[PDB]
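Overview of a structure with benzylpenicillin (bound form).
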Amino acid sequence: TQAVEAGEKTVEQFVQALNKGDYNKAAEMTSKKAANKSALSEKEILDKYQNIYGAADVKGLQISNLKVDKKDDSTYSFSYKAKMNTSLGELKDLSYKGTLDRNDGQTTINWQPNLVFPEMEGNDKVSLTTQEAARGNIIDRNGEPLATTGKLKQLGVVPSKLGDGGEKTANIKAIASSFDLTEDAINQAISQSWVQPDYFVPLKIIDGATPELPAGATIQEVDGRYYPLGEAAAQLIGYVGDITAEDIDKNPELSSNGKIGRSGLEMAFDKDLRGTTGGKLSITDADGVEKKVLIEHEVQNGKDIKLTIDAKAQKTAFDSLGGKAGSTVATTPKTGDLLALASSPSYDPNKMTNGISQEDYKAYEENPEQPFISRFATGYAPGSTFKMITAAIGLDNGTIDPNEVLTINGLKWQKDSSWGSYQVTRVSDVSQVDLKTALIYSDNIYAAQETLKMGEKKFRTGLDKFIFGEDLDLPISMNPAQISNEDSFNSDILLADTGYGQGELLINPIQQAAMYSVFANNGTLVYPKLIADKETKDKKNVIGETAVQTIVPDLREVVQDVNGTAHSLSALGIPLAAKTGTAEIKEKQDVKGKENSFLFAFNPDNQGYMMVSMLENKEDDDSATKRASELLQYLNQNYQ
Ligand SMILES: *C(=O)[C@@H](NC(=O)Cc1ccccc1)[C@@H]1N[C@@H](C(=O)O)C(C)(C)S1
């Protein structure tokens, strides 16, 4: 038994070397090639495993139920059960047998072809046939296609029919004029290092209509991933890329020919969309004589994913941003159905997944506005929109009397002389300001005063009833919203700033649409959902219904009153409750300030839709309220 324990370590270290992918170090643990010892040499075992295990993409070899006994003077027979992962799934309940040899203190392994697979007897071969799985589709709440594998048309060229010499550059310029392509790229694609005379070199995928083809131009019907809305849902949906050899080493269930989600929902639901690879793994005789089948199952196509998105809303919400930095979130606030999640500027996902040039991909990341960013998942200072939450908290704890009128003189104010030169600033110089007036003119001094009066203890007590710090159950990578950096402001100044949506607040537009949903459900927070079938989760009693029926009628006046900060929306003539905001951020790239324009709006009659729009680093006299006219008309018409 003093050497039997050393033998159980030899079997354990041998499986480790196989599982670690180092087939050579495993072969160095086998005996010499003989009839009673190992059946092959060390270099032959290396090529045997590397050729077989590599063909099935074998990874993760784990053993159990080891039993090492004795047999002869120097021979100890060993046995174990094993499981491993292949291109076609898990191979479980494998029975392995063999013998060891301790000719001295060292114990080696009498290697045998039955250690590659349980029943491989001698010069048996292994075959693998796989049927590739079709990637599932992503669809909106009405069945419209957002991400599908469609039939595309590809414009390529064959350099043999282009022309002799002068007629070749003429056809290269004639093809560049009939397809809006750089004429220097037509000669740069046919002169790549992989081109041969009679080869088909693709140029770019034709969108829709096929113009006249010049001398040596042809179209090849190819199938691939296709995104109908394109840039409008690029950040939400995402794109898929070619699966690499390094990808299969991580998860061998992938198809080495298929596509894999790289960002967005295509990556979040990569498992449910790629399906499962189908095929058969079998051991054979000397020829293709199929002996024993190890693994076999039919191919399974990918499940389709139905979103709460409305394609019409997503496209309108994106187009309303005009290519400027911003985002828009539209929900049915009673259920949380995310109707649209737009981000701008954006990238073309079809040119990204079919064939992007080495320079066009550099322009997307060198772009300072960062089109790759999902701005509906980025934390911001919510701005003056946050006064709704501050007021609703101040009404529940009774700190704010809706009819009490603070007397404010001027445009700057500070609590004590201990604030130095800092002062809360408001835009309108109204002498007598109550709750209704402060929400109309968007008065920061009013909000700052009532926050300081409320006290930090009573303030956070109302804030904690929301979703600050929580992780929403959404397939979108985001950070949880925060009140401040630490669990205490420890500054009268910072407490005031948090009252009107500045300070250390970080809330992304999706979380904002969640927190603001209380004003459409009588103080009940409705969690947003992107998957159509997920049950509606909610959070009761976030703010009192007293504050809802007080602020919601006031929010109508933000639109209806002639001095309201959203009066440009009165032209719609629809029932609207809104609240605008313009927060300022401290940009280190330039001393000039950068300011973001916000807009919250919903229907206070039927609560059928809720909207949160923003413009990051806005241009002069630009605002989210300016661009919301179109989306509000659609959401009011189609979601009562
Ligand atoms: C909230 O954003 C309020 N004002 C401020 O925070 C100060 C400020 C910052 C930049 C520009 C102007 C004022 C009020 N809300 C906005 C809005 O509703 O868009 C106003 C500009 C009306 S001031």
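Sequence positions for chain A are given in the PDB entry numbering; the residues included correspond to 39-678, in order. When reading the values below, keep in mind they use all heavy atoms of this one structure, side chains included, and skip hydrogens, waters and symmetry mates. So this one's X-ray crystallography, 3.4 Å, going by the header. Numbering of ligands and ligand atoms starts at 1, following listing order.
The ligands or chains that make up benzylpenicillin (bound form) in this structure: ligand 1. Structurally, the greatest contact with benzylpenicillin (bound form) is made by what the PDB entry calls Penicillin binding protein 5.
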